[PDB]
Participant: 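This entry shows paromomycin within the model.
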Amino acid sequence: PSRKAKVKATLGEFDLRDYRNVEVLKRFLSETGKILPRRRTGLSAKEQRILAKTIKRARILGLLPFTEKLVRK
Amino acid sequence: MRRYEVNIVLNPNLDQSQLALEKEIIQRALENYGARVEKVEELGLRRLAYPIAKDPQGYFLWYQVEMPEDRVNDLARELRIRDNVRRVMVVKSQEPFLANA
Amino acid sequence: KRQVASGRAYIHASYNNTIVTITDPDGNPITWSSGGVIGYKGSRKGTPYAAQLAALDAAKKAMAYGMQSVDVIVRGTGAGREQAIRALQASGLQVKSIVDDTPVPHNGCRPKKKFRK
Amino acid sequence: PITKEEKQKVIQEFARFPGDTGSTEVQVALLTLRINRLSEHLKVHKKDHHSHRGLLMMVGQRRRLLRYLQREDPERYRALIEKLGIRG
RNA sequence: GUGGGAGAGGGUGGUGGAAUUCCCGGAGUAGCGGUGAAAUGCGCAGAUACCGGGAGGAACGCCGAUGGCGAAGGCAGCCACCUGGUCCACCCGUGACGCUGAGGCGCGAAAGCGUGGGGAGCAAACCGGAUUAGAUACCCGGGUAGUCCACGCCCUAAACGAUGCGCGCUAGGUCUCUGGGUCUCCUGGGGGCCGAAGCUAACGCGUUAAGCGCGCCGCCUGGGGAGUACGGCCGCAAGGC
Ligand SMILES: NC[C@@H]1O[C@H](O[C@H]2[C@@H](O)[C@H](O[C@@H]3[C@@H](O)[C@H](N)C[C@H](N)[C@H]3O[C@H]3O[C@H](CO)[C@@H](O)[C@H](O)[C@H]3N)O[C@@H]2CO)[C@H](N)[C@@H](O)[C@@H]1O
Ligand SMILES: NC[C@@H]1O[C@H](O[C@H]2[C@@H](O)[C@H](O[C@@H]3[C@@H](O)[C@H](N)C[C@H](N)[C@H]3O[C@H]3O[C@H](CO)[C@@H](O)[C@H](O)[C@H]3N)O[C@@H]2CO)[C@H](N)[C@@H](O)[C@@H]1O
Ligand SMILES: [K+]
Ligand SMILES: [K+]
Ligand SMILES: [K+]
Ligand SMILES: [K+]
Ligand SMILES: [K+]
Ligand SMILES: [Mg+2]
Ligand SMILES: [Mg+2]
Ligand SMILES: [Mg+2]
Ligand SMILES: [Mg+2]
Ligand SMILES: [Mg+2]
Ligand SMILES: [Mg+2]
Ligand SMILES: [Mg+2]
Ligand SMILES: [Mg+2]
Ligand SMILES: [Mg+2]
Ligand SMILES: [Mg+2]
Ligand SMILES: [Mg+2]
Ligand SMILES: [Mg+2]
Ligand SMILES: [Mg+2]
Ligand SMILES: [Mg+2]
Ligand SMILES: [Mg+2]
Ligand SMILES: [Mg+2]
Ligand SMILES: [Mg+2]
Ligand SMILES: [Mg+2]
Ligand SMILES: [Mg+2]
Ligand SMILES: [Mg+2]
Ligand SMILES: [Mg+2]
Ligand SMILES: [Mg+2]
Ligand SMILES: [Mg+2]
Ligand SMILES: [Mg+2]
Ligand SMILES: [Mg+2]
Ligand SMILES: [Mg+2]
Ligand SMILES: [Mg+2]
Ligand SMILES: [Mg+2]
Ligand SMILES: [Mg+2]
Ligand SMILES: [Mg+2]
Ligand SMILES: [Mg+2]
Ligand SMILES: [Mg+2]
Ligand SMILES: [Mg+2]
Ligand SMILES: [Mg+2]
Ligand SMILES: [Mg+2]
Ligand SMILES: [Mg+2]
Ligand SMILES: [Mg+2]
Ligand SMILES: [Mg+2]
Ligand SMILES: [Mg+2]
Ligand SMILES: [Mg+2]
Ligand SMILES: [Mg+2]
Ligand SMILES: [Mg+2]
Ligand SMILES: [Mg+2]
Ligand SMILES: [Mg+2]
Ligand SMILES: [Mg+2]
Ligand SMILES: [Mg+2]
Ligand SMILES: [Mg+2]
Ligand SMILES: [Mg+2]
Ligand SMILES: [Mg+2]
Ligand SMILES: [Mg+2]
Ligand SMILES: [Mg+2]
Ligand SMILES: [Mg+2]
């Protein structure tokens with residue numbers, strides 16, 4: 001049920017449409033390279049919709065990964 | 001005539017002369033495709049979240065320009081020719097949409 | 001006769017068989033084992049016991065090269081995965097890391113009829 | 001696309017009086033602009049039928065407006081056509 | 001008209017990463033594969049697993065949903081260009097210009113047809129291996145068409161809400177998408193669930209009507225024979241109406 005934390009309230013003022021701002025988009029990806037659902041991000045419909053596309057934009061540029069290996073399993 | 005943002009990721013191994021040549025070619029190609037440059041951010045060598053062209057780094061450039069829309073995809077075409085340049089991405093500028101404000 | 005002493009222990013598990021490939025740090029293999037390397041022939045190769053034996057025979061093959069530390073990399077979902085893990089976990093080899101690198105496509109190819117829907 | 005300056009140009013060309021944004025002529029003329037631009041879009045991209053829908057709907061509304069004017073004031077109707085160059 | 005919003009709506013070009021297969025190199029040995037169990041198959045010309053490089057075809061994981069768009073069919077990596085529909089606020093303009101719609105015309109999943117390309121994976125047919133009393137199957141190993149592309153055909157469907165389109169009237173509660181506003185809340189468009197009155201043979205429907213009304217179209221008239229025969233129109237054919 002994601003009662004650990006929500007990422008939006010773990011963050012201050014930021015621009016959802018910044019594809020080049022890694023040290024924040026990083027915070028929205030999982031331990032794998034995957035994009036977190038609204039359970040974790042706490043975003044809204046429109047917010048998660050746009051953040052998705054700016055993360056994909058960032059992935060093409062080589063700033064965020066497409067996938068990662070899982071550690072410690 | 002619209003407002004765009006050119007992202008260029010080129011080889012991180014270039015000494016000052018070759019890179020200066022590439023930047024020259026960027027300015028020139030812009031003048032040929034009618035890009036009035038409003039501002040530019042040079043972020044330089046930067047770690048890549050996956051190797052591009054087998055190189056774990058890449059040199060980053062960003063240009064907020066204004067140019068004829070009808071010649072946008074032509075321009076990007078030209079920018080992709082240089083072997084030194086390994087990523088071209090042109091994007092329509094947008095108003096920043098803020099969260100948690 | 002290389003004297004590696006440190007490497008990577010790949011585990012390829014599937015619902016039919018479990019196969020261990022032990023490599024140098026660069027990734028080139030040194031020795032290996034599986035369910036068929038041991039006397040198991042039929043479906044028994046897809047056992048967690050068959051896996052255990054395979055990983056132990058792999059670790060013992062690699063002791064002959066004097067290897068001590070390994071990084072484990074699991075690929076494939078299948079029985080005997082975690083049992084091969086636990087076989088190496090105290091096999092004499094020290095497990096420095098466990099990593100699950102099971103390849104997943106991004107909706108790339110059409111599976112067999114067996115795997116559809 | 002169609003810039004607001006072109007829009008103003010054609011509106012003001014066809015406005016019955018200054019500030020006329022809604023006359024029959026302004027409507028028919030606007031639709032004529034859009035129709036011609038869409039037809040030029042459809043000489044290329046002839047495999048785009050979903051737009052072609054919008055085209056049939058535009059032609060239909062223009063024909064209803066022209067039939068209306070034809071009924072009410074055939075003078076302004078012929079004048080409109082003679083300016084736009086429609087019916088052939 | 002003005003000014004803003006939202007969207008996998010459409011076309012074209014470009015482009016990104018994961019995976020499969022194949023080719024090359026490296027390292028390495030007796031098997032891999034597959035099943036209920038097996039076998040065929042593949043492997044000593046060195047496979048499987050493992051690292052590096054390379055080619056090519058297809059499809060876009062997470063986001064993603066009870067979500068959105070579209071007239072329907074249908075639409076999902078990203079960027080740009082061209083282009084359709086819609087929603088809100090403002091009360092600005094036209095002055096009943098409206099609705100429906102036989103015929104017509106256009107669209108129309110898959111499969112299928114013609115030419116030419118392409119062909120990785122999957123796979124009708126087909127070739128094997130099993131199973132069975134048999135097994136023209138379900139299971140396993142292969143594999144052609146096809147699936148993909150351009151262009152032209154075909155025109156069907158459980159083409160489904162099994163519910164034609166438009167407009168007015170008739171308690172609410174709640175979830176959600178997307179606007180506006182004096183932003184506890186008010187107000188508009190869309191998608192859900194429960195339900196007033198009411199309706200229904202019942203099931204159920206119930207401001208997204210299957211309620212109460214008006215307008216126009218399409219259609220039914222017991223089962224089989226039969227979507228057959230004949231005629232006509234269409235089609236390269238399959239066949240469609
Ligand atoms: N249509 C393509 C899509 O456009 C998106 O953006 C679209 C919408 O957000 C935007 O809305 C526009 C805007 O001017 C404003 N919100 C109102 C306006 N009526 C809209 O324009 C609309 O109407 C015109 C015809 O009049 C159409 O040509 C156009 O496609 C349609 N969007 O217009 C854009 C073009 O349709 C995104 N770029 C992306 O999803 C995608 O490229
Ligand atoms: N390529 C992007 C898309 O191409 C579509 O059509 C394109 C493709 O269908 C067609 O084939 C292209 C071509 O480069 C060449 N013949 C081979 C190449 N592998 C294909 O490109 C694509 O093929 C398929 C889809 O068909 C994709 O799944 C794949 O990512 C990509 N390789 O070439 C067309 C362009 O020349 C449409 N234009 C539009 O959807 C979009 O621009
Ligand atoms: K093969
Ligand atoms: K699919
Ligand atoms: K839905
Ligand atoms: K609001
Ligand atoms: K029900
Ligand atoms: Mg280049
Ligand atoms: Mg097996
Ligand atoms: Mg209409
Ligand atoms: Mg789209
Ligand atoms: Mg080889
Ligand atoms: Mg043999
Ligand atoms: Mg030999
Ligand atoms: Mg042989
Ligand atoms: Mg292989
Ligand atoms: Mg490789
Ligand atoms: Mg080939
Ligand atoms: Mg899903
Ligand atoms: Mg609809
Ligand atoms: Mg709908
Ligand atoms: Mg459907
Ligand atoms: Mg008024
Ligand atoms: Mg008046
Ligand atoms: Mg109608
Ligand atoms: Mg008709
Ligand atoms: Mg069809
Ligand atoms: Mg087809
Ligand atoms: Mg064909
Ligand atoms: Mg062919
Ligand atoms: Mg051929
Ligand atoms: Mg062939
Ligand atoms: Mg096959
Ligand atoms: Mg088969
Ligand atoms: Mg057979
Ligand atoms: Mg029997
Ligand atoms: Mg053929
Ligand atoms: Mg359907
Ligand atoms: Mg249905
Ligand atoms: Mg419904
Ligand atoms: Mg519906
Ligand atoms: Mg209805
Ligand atoms: Mg219907
Ligand atoms: Mg209507
Ligand atoms: Mg509603
Ligand atoms: Mg819907
Ligand atoms: Mg109910
Ligand atoms: Mg009752
Ligand atoms: Mg009841
Ligand atoms: Mg009603
Ligand atoms: Mg009938
Ligand atoms: Mg009927
Ligand atoms: Mg009878
Ligand atoms: Mg009948
Ligand atoms: Mg029939
Ligand atoms: Mg006949
Ligand atoms: Mg004939
Ligand atoms: Mg037949
Ligand atoms: Mg016939």
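Residue numbers start from 1 in every chain, and the chains themselves are labelled A, B, ... in the order their sequence lines are given, proteins ahead of strands. Counting starts at 1 for both ligands and their atoms, following the listed order. Displayed portion only: the contact tally does not extend beyond what is shown. These numbers come from the heavy atoms of this one structure, side chains and all, not from hydrogens, waters or symmetry mates. The deposited model was determined using X-ray crystallography, 3.5 Å.
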Participant: Quick one: which ligands or chains are paromomycin?
Facilitator: ligands 1 and 2
Participant: What is the name, according to the PDB entry, of the chain making the most contacts with paromomycin (ligand 1)?
Facilitator: 16S Ribosomal RNA rRNA
Participant: Which other chains have a heavy atom under 4.0 Å from paromomycin (ligand 1)?
Facilitator: D, E
Participant: Looking at the entry, what's the name on chain D?
Facilitator: 30S ribosomal protein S15
Participant: Extract the source organism of RNA chain E from the PDB entry.
Facilitator: Thermus thermophilus (strain HB8 / ATCC 27634 / DSM 579)
Participant: At a 4.0 Å heavy-atom threshold, which residues contact paromomycin (ligand 1)?
Facilitator: D/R34, E/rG4, E/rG5, E/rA6, E/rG7, E/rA8, E/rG9, E/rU83, E/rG84, E/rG85, E/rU86
